[PDB]
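Notes follow once the structure below has been shown.
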Amino acid sequence: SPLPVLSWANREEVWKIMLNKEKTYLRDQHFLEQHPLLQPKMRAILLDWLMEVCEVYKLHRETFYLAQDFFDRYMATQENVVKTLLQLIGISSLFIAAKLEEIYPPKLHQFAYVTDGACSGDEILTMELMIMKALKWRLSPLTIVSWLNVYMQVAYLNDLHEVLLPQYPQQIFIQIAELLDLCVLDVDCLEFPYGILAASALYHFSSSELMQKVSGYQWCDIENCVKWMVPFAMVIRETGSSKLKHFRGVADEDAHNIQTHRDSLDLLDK
Amino acid sequence: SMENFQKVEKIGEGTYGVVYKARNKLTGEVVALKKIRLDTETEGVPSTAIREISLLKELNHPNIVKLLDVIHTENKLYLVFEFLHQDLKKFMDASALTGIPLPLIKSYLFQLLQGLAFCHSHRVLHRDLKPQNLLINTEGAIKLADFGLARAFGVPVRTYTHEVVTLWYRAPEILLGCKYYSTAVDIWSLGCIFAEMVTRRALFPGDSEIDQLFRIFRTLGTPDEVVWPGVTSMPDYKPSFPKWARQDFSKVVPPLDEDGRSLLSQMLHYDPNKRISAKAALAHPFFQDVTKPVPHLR
Ligand SMILES: CCc1cnn2c(NCc3ccc[n+](O)c3)cc(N3CCCC[C@H]3CCO)nc12
């Protein structure tokens, strides 16, 4: 229970509803163990491709993580999927995500145009309903980046415990995000709760103490996740942290919330 | 796909789609169907539909409408909900000359404040609390309906859609263009519906964004940096606004007792950070009869 005392509800109640939600939103690291024609590096290239389209369209890190959660969860419902179906499933997961999270999402054509003709608005419109019907309309998960948001807010909180007004450094946020983006590419991250993954990335940038203070989890809870994230953390640390980009038409108080793209696959090879 | 349902009556429109009262041919069970025409939709399933479905499939409380199922008929998407015999707008209208009995107001408000406390704890903003969206039954229950304009919030929140609440029930922070808004916007709406239940007339029936602010300012008094730390700095704030004084709540809501007037006042506080919460409002002396507290641990 890391949230401070809450005005609108019981801080324990709020945090436990948040926790209990990860128990109702199941994700499995062996989903391509259902789709034999599929390889784990295909998921990585698609996930990387969606981050790029997100940056191109100035979409939020939230809508990218909603598409990732939708993709990985939709696959756990499917049996045999061909390499060619992936562009369609990815961009449709992004189409649903954009509509849920954005105020002015890109239009259906903007999502078709970015596939270079390989996907029509009609297939996206059909797939969207297959994904949504197959996910059983469970489209409100607590994404990986959603947790870092919480954690980052709890770090930058004063005696006036204003839990909803955002108050935290943008550069620190980006540098923790980049690591999570890099671990999301490997399908093994799904063995760790989204809350755990976010806490562990925060830990690699802070300490066990800050981590516990902002997330609540004990070091024992995080130990196996920190152990797995160890290579990824070093690939990032070896390269040197990135800088807070500006985006036209995007206010700087929210520039940290815009999804970005790098050589994440070249780094993933390590 | 809707082969077992028989449309009986058209109920209305709402945020999106069309609501029909329908009957389960075999069961005898009466539902409310919200029909969406996908054939017309250029962007497919609207964001308003996708939000209502995913939010309500996670919001099970007795004071929130029950989504029963979602059926797709390869042209149309139907949301099958529990049917409720009347809406609070029709009820207040029918009771305009009579008046709603004060105990029934207190019951309705309490149950409304419970559905909201649940929404807020599950991190959901209703953003469209108006009497036409508050549905009553014959047994004395009231439920929150139409989650088409609702959104799940983050901890911390970020900038959300500005064009968000029905004008008459819109909070001054939305009106004065604050970048962030949260749970306080729904309590404002409930404050308005409360007084409207009491007086049988809209608390602030403005005809524009500016008239809405002025109507609020005339009643609650023009705000300042003491009553609201941040006003004068806010986008749509103009120092040229007429300076009014807060009216006595005895004139504003005469049938309401000292305990009723206190709750309404805290529900209509200008400062979102000071405005009462749904959970806190449950612990107010105005309901100390209808509710008995529970032991607190630690
Ligand atoms: C969740 C759908 C639902 C269930 N009951 N119900 C009712 N019931 C009252 C009622 C029934 C039959 C005839 N008369 O008219 C009153 C009204 C209503 N709405 C009010 C009108 C605009 C649409 C819509 C908005 C709120 O969901 N929607 C619903």
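Chain naming here is simple, since letters A, B, ... match the order of the sequence lines and numbering starts at 1 in each. Indexing begins at 1, ligand by ligand and atom by atom, following the structure's order.
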Discussion item. What's the chief binding partner of ligand 1 here? Just the name from UniProt is fine.
Written reply: Cyclin-dependent kinase 2
Worksheet item: Out of tofogliflozin, dinaciclib, brequinar, which is the molecule at ligand 1?
Response: dinaciclib
Fill in: Chains contacting dinaciclib (heavy atom, under 4.0 Å)
B
Worksheet item: What residues sit within 4.0 Å of dinaciclib, counting only heavy atoms?
Response: B:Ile11, B:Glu13, B:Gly14, B:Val19, B:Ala32, B:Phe81, B:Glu82, B:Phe83, B:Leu84, B:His85, B:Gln86, B:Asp87, B:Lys90, B:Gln132, B:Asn133, B:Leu135, B:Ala145, B:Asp146
Worksheet item: Is dinaciclib close to any UniProt-listed Mg(2+)-binding residue of chain B, that is, with a heavy atom under 4.0 Å, and which ones?
Response: B:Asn133, B:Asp146
Worksheet item: Which UniProt domain dominates the contacts that chain B makes with dinaciclib?
Response: Protein kinase
Worksheet item: Among UniProt active-site residues of chain B, which is nearest to dinaciclib, and at what closest non-hydrogen distance, rounded to 1 Å?
Response: B:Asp128, 8 Å
Worksheet item: Which residues of chain B carry a UniProt ATP-binding annotation and have a heavy atom under 4.0 Å from dinaciclib?
Response: B:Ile11, B:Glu13, B:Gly14, B:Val19, B:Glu82, B:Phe83, B:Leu84, B:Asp87, B:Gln132, B:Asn133, B:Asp146
Discussion item. Could you check the entry and tell me where chain B comes from?
Written reply: Homo sapiens
